[PDB]
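In the model that follows, one finds CB3717.
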Amino acid sequence: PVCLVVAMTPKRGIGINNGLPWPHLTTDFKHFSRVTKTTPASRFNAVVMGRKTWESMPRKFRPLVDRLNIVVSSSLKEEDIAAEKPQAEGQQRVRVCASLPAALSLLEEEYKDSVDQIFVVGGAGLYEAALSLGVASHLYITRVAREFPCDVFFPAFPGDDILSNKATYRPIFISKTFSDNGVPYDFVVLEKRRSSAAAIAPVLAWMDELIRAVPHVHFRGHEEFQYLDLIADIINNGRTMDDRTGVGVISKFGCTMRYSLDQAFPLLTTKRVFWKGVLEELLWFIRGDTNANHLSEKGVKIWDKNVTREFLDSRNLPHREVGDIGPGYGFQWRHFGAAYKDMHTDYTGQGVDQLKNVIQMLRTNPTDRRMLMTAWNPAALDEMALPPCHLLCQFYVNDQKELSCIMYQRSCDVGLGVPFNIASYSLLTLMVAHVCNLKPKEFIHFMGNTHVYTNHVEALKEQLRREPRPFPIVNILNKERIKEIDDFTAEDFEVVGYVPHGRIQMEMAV
Amino acid sequence: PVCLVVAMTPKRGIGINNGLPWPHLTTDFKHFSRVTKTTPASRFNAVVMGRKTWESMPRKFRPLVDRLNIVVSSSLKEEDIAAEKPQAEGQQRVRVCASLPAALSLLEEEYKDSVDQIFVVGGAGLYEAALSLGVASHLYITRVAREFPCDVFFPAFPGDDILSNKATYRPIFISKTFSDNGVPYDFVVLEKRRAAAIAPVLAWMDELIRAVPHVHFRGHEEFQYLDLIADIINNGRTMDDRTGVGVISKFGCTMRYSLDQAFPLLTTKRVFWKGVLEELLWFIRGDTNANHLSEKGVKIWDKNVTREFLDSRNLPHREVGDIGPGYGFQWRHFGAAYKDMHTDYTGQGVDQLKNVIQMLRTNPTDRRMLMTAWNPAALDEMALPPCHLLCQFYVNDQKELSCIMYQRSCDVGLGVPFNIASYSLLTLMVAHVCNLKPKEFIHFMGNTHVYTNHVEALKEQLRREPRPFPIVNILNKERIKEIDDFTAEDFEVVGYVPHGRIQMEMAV
Ligand SMILES: NC(=O)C1=CN([C@@H]2O[C@H](COP(=O)(O)OP(=O)(O)OC[C@H]3O[C@@H](n4cnc5c(N)ncnc54)[C@H](OP(=O)(O)O)[C@@H]3O)[C@@H](O)[C@H]2O)C=CC1
Ligand SMILES: NC(=O)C1=CN([C@@H]2O[C@H](COP(=O)(O)OP(=O)(O)OC[C@H]3O[C@@H](n4cnc5c(N)ncnc54)[C@H](OP(=O)(O)O)[C@@H]3O)[C@@H](O)[C@H]2O)C=CC1
Ligand SMILES: C#CCN(Cc1ccc2[nH]c(N)nc(=O)c2c1)c1ccc(C(=O)N[C@@H](CCC(=O)O)C(=O)O)cc1
Ligand SMILES: C#CCN(Cc1ccc2[nH]c(N)nc(=O)c2c1)c1ccc(C(=O)N[C@@H](CCC(=O)O)C(=O)O)cc1
Ligand SMILES: Nc1ncc(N2CCN(c3ccc(Cl)c(Cl)c3)CC2)c(N)n1
Ligand SMILES: Nc1ncc(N2CCN(c3ccc(Cl)c(Cl)c3)CC2)c(N)n1
Ligand SMILES: O=c1ccn([C@H]2C[C@H](O)[C@@H](COP(=O)(O)O)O2)c(=O)[nH]1
Ligand SMILES: O=c1ccn([C@H]2C[C@H](O)[C@@H](COP(=O)(O)O)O2)c(=O)[nH]1
């Protein structure tokens, strides 16, 4: 009974020029070491590797310490390796076998009572052989989110859908996303499938009491499970209600999520998120721009259905031009309380610049607890095309110059809006962190009326069948040029290692 | 090995005039039945009771079905009981014994292989006898939070600190607060003390202060607050602060409290209720004169409206006691031009409270039922920027009202228990005025922290196990039709039995 351990690009790439495709991934090596070395005493674990894999390792690390080293080869001889370096006391002698079945028989014959767990460590020859023999029970895969140039590949296998879009190997473990040297990765484990509290228990018994996302995944480290469990939760336990749009709603009240920003970026992978949109909208907010046609001209039509002549009239605003959101979001952000006229007016210097206040406070007095920005203006609500959903955000600096952000959202379209909102404010945190010389730490999402529309239910149930991929990294390009929040452009950002599942069509409740 | 099963007032009272002191508590009766009946087949449980207990039960329910009934009496005889009512099919014949030891001997002698668990069910003679013999391994106590006239009391026992203020019996289970017929109560259980291949990956990913760690089932909703305290001290970050006093803080924390059964006025330290009620009415008035609270014995705003603090805020034109355009003001007059605490602002600004209520009364599915105190245009005019800055309301299928409150800065030691009670009361008030049922209060916290000069007192607080939550009743319901109709005397707190007050200085 054998276990395989691999690091892999989304296209199954494992190596190039008898070396690793990526820069050093320290956490991955910690992982490789820990899994292969650990045992309950008398016994040790075995690592079976191909000849080139052996030769790819640098001298000082070979043989792998505290593990029996077996090299599958026909050219290399046991004495070749012995002559390579003197065998350290207490360590096992490096054995060589002609094939994998040979290496397994050697383990059975001379190493019973001596070895615990057998690990196939590479390369493509041994991985393919172990899969052909079907002797592999578990796969320890490190999913390198980025694609690199590779000449050697891990073989295709049933269940390789965990890497990229297309007896089975099903994920039973998915971790949160890590990152080393600008490379995002996570860890999955696949499986071959084909009177103490006893007396307390009866009171427990009478007090005690359907849809789950990828139920087989037992360890749910990936931070996207928050969102997937949130959808299930609302469908399971939510209340069917009437709604402004006329479309049905299953709603919940006061839900919550939080996402790390220090390793990777929470751009949801279980469906493709329109990143061009979030970026272009966020920048639009930051200008204090209130013309939806500027977004519409860039291919970002997210506000068009809510700025039509028809919708502006149902809002009792016949004096609004097509594309005028009124003084919402960006306007209150940069010009709180200023008297609105139209989208074409210059409001420079009017009202309160909340964003500039927050940023200056972050830069001088980061322990202040009044670092808040609100879009909710009860005086101007009837002038907006739609009252803001994400209406407030608060900032917080800790011991280690690490920035976190809370955003309150009164109304959350789980299916369509939520993934977008997570990305939009997580980006804002990165931007503010850079400008104030801070490290981004965490985005915290506080949700009011949290709902899925009835016409989304079927699509979301399909989405729950997909296991999340590692999160991407978002890099700020041109860091030296950008010094203020108004310096960011649409070309100052790089999404690296984004490998989502396919787009899912969901109609915007108008 | 015996288990006791009881319902009890905070003063140990259990009976009056050979009957129960309180109105009918249906959930307790369900509890009693379930605990005493349940078995894994071949066996049944035994209920040992005194003669007066047996006589207190109504005819139809006695003997207790599917349980061997043992009555302790020198007067009553086995044939008296037999003649009383015809023995039904499959039910044990009621047995009479001269003492508790005798009844336990009868269980050993004639009922080995037959009975599973033995339950002492009352009353005053048996409980005391069982505790004296030291044969009780577990106590099933239903803590009735209200006091009632009683002539029969459960005996004083080591660890009766779970009932009220002053081998051992330690709680190992505390449930959420229930209520029936205007009586709050909960359930405690005391105790005599005196896929492996996944794991290697888990271990490498991995790397002190806990409240009442011995209590293993943590159903009581106050555990949220208590665990929040522990969580900040363990995992919080020590920080500088506006007040110069040290702070250990976390960011973005949540709690939620049910309002359908009881009221989350914390029990692990006494909460200044008079204060919460007086301030909340003061908010609803749109009143910005802290001297109106101060005159009523509510001095919570005094330190922040002194001549000195007003000047440190660069407001030398502010008369002592003037919070500027604070919460009350923004609620009823959002965006109105402020003069001083003596001016009438009727008809000025937006009345957010009136809008929220009317929307709840006419269109409860609307998702814009919000009230905000945060006005960035007027922050520099206020004595203190609002901490609780935003609240949102929600109505469900069953006309049940829930309320979220976002707070930017949380003094966990001092402010938080006050704020939980404050907005929970607002929800009750708003529910009443809009013909609705209060369901839930949800607490969203920004900067969550405990001041360094509170940590010692908070550790003392964590050694206290919570008591059942009290009930808040709105008196004079008929008279009250609008949110402005509530007075100080329209409220009644029922069965509030907290631990002693803990002194904690306000970081000025
Ligand atoms: N990131 C990851 O997960 C890993 C990546 N890698 C990368 O991949 C590369 C190594 O992979 P690869 O090129 O496939 O090298 P291999 O380790 O598969 O080397 C092939 C050699 O091993 C022996 N061998 C291989 N297959 C068989 C077989 N079916 N039967 C008998 N003997 C066999 C032979 O030795 P002989 O010549 O004596 O016949 C053969 O020449 C390196 O570039 C390395 O960086 C490697 C391991 C893990
Ligand atoms: N809140 C609760 O959970 C409960 C409350 N109650 C309340 O308590 C009231 C009665 O309780 P209480 O007054 O204690 O009556 P008990 O149930 O203790 O019965 C007393 C009688 O039982 C016999 N007895 C009990 N203990 C002994 C002993 N150690 N040695 C000898 N004989 C014994 C005697 O019978 P005799 O004199 O005939 O020889 C005695 O008169 C009930 O009316 C009810 O209202 C009762 C049960 C549970
Ligand atoms: C939230 C927000 C900003 N907004 C503004 C906006 C305005 C009114 C709304 N109204 C309703 N009912 N739901 C919304 O999500 C919504 C969103 C958006 C509007 C549309 C799309 C949209 O059509 N979907 C994208 C997919 C992006 C995604 O995966 O989320 C697309 O491909 O067109 C996205 C964001
Ligand atoms: C929050 C809030 C409202 N407020 C207003 C208020 C104003 C400034 C503040 N400043 C600081 N630093 N912490 C606070 O908790 C605080 C609270 C209060 C102020 C004081 C007390 C107080 O002295 N303690 C009460 C005990 C009540 C309780 O158990 O919470 C007392 O007995 O005097 C309570 C509430
Ligand atoms: N997740 C995961 N990372 C690396 C490996 N290995 C691939 C190559 N390899 C290795 C060891 C040490 C060094 Cl220094 C070098 Cl350059 C290569 C042996 C271990 C694996 N099997 N799984
Ligand atoms: N937790 C806890 N609740 C109730 C009881 N009682 C059960 C026995 N008892 C009783 C039972 C049923 C009826 Cl109908 C009557 Cl009138 C009295 C008196 C109170 C207890 N022993 N423990
Ligand atoms: O940033 C946003 C803005 C809007 N919405 C969705 C949620 C609600 O379904 C709808 C808001 O319209 P009202 O129902 O609040 O009128 O749009 C979002 O999810 N995110
Ligand atoms: O309703 C309130 C108001 C204030 N505070 C606490 C939180 C902060 O510790 C302090 C206010 O200080 P600043 O927010 O002004 O820094 O008082 C509360 O707990 N509740």
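In what follows, chains are A, B, ... by sequence order, proteins preceding strands, each numbered from 1. For the numbers below, each heavy atom of this structure counts, side chains included, while hydrogens, waters and symmetry mates do not. Counting starts at 1 for both ligands and their atoms, following the listed order.
Counting repeats, the structure shows CB3717 at ligands 3 and 4.
Contacts with CB3717 (ligand 4) are greatest for the chain named in UniProt as Bifunctional dihydrofolate reductase-thymidylate synthase. Other chains with any heavy atom closer than 4.0 Å to CB3717 (ligand 4): B. The UniProt annotation of substrate binding in chain B and a heavy-atom cut-off of 4.0 Å around CB3717 (ligand 4) together pick out no residue.
Closest UniProt active-site residue of chain B to CB3717 (ligand 4), with heavy-atom distance to 1 Å: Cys387(B), 7 Å. In chain B, the residues that UniProt lists as binding dUMP and that have a heavy atom under 4.0 Å from CB3717 (ligand 4) are these: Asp411(B), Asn419(B), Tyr451(B). In this structure, residues within 4.0 Å of CB3717 (ligand 4) (heavy atoms) are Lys269(B), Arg270(B), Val271(B), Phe272(B), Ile300(B), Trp301(B), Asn304(B), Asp411(B), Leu414(B), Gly415(B), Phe418(B), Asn419(B), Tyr451(B), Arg501(B), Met506(B), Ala507(B).
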